[PDB]
Amino acid sequence: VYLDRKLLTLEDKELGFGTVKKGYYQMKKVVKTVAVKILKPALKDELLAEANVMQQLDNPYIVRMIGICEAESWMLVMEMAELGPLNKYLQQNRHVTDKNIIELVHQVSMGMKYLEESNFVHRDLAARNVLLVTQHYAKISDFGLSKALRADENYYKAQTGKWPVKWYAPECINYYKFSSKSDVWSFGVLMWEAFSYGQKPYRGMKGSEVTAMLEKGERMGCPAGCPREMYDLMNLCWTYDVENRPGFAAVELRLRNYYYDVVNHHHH
Ligand SMILES: NC(=O)c1cnc(N[C@@H]2CCCC[C@@H]2N)nc1Nc1cccc(-n2nccn2)c1
């Protein structure tokens, strides 16, 4: 996992803990374009824990880590997803079709089905953390809050924090318990963001007002032009009771089947 600084070439400009910069890494033969997270002891430990999670994952729909390097600061080197975050892409590309959005959120569900099978919880699943390789190829990124589940438990219990509350399930807020089912709830919010072309969820509401709304059984409305089948899936992800909420195997299957029905309608 330890990379050679002499083989890494960093660009001066910043793409976006610190910063994300574009670079190039000399591989065995080819040169590879990379995205590098550069830190600007708690930050070092967090980056190394993130590196430890990514090291264990191998799936076409999850950003691959190339390695780590300790130079000017600690650096986490990843494969580059040229088109950037999904929310920003859709805000700038409103012509993207409903079929293309289904294709991308289905890819995220495949990556998450893999993470669930791997017994890792993401804990920051949102459209800003889905990166586009192409307009037809999404990858999940940003494993800074992710956790490997213990062998005897299907959830992570947080003790302390600065949380993305609008993407969190009720049991995360009420019991500090994070599971693959909690990530399913976040995935419902991510689907809403995607079909709303990168609009922020729960516009104009405080985190506490969001909790109050959800407790009353109320949910965000259907985005303009969103297929009813996809809005129904969002509502199923937003099942209040964790036991009754589907896991990613059930979600990916529903998305897969619907995507094939849409691919069929297009051919007709
Ligand atoms: N492998 C990667 O390509 C990569 C992995 N992870 C991330 N993480 C960032 C953290 C900052 C928030 C946004 C995102 N979750 N960004 C990556 N690339 C990237 C590519 C183009 C643009 C940007 N970009 N545009 C605006 C901000 N960042 C990032």
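What you see of chain A is 363-378, 382-405, 411-530, 532-639, where the numbers are those given in the PDB entry. Start at 1 and go down the list; that is how both ligands and their atoms are numbered. We use all heavy atoms of the structure for the numbers below, so side chains are in, but hydrogens, waters and symmetry mates are not.
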query = Which drug does the model show at ligand 1?
reply = PRT062607
query = Quick check: main partner chain of PRT062607 by heavy-atom contacts, named as in UniProt?
reply = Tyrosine-protein kinase SYK
inquiry  = Heavy-atom pairs closer than 4.0 Å: do any link PRT062607 to the side chain of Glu452, the backbone, both, or neither?
reply    = neither
message = Regarding PRT062607, does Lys402 bring an N or O atom to under 3.5 Å of one of the ligand's N or O atoms?
response = no
Structural part of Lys509 in contact with PRT062607, heavy atom criterion under 4.0 angstrom = neither
ask   = In PRT062607, which numbered atoms sit nearer than 4.0 Å to a non-hydrogen atom of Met450?
value = 3 (O)
query = What is the modeled covalent link for PRT062607: residue and atom, or none at all?
reply = none
query = Heavy atoms only: which UniProt active-site residue of chain A is nearest to PRT062607, and how far, rounded to 1 Å?
reply = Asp494, 8 Å
inquiry  = I need the atoms of PRT062607 closer than 4.0 Å to a non-hydrogen atom of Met448, numbered in the order shown.
reply    = 1 (N), 5 (C)
Option of least heavy-atom distance to atom 18 (N) of PRT062607 (set: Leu501, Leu453, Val503, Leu502) = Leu501
request  = Taking only heavy atoms of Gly454 into account, list the atoms of PRT062607 that are under 4.0 Å away from them.
outcome  = 20 (C), 21 (C), 22 (C)
ask   = Among the UniProt domains of chain A, which one holds most residues within contact distance of PRT062607?
value = Protein kinase
key: Selection from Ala400, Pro455, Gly378 by shortest heavy-atom distance to atom 23 (C) of PRT062607   = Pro455
request  = Show which residues surround PRT062607 within 4.0 Å on heavy-atom distance.
outcome  = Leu377, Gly378, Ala400, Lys402, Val433, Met448, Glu449, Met450, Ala451, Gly454, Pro455, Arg498, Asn499, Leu501, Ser511, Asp512
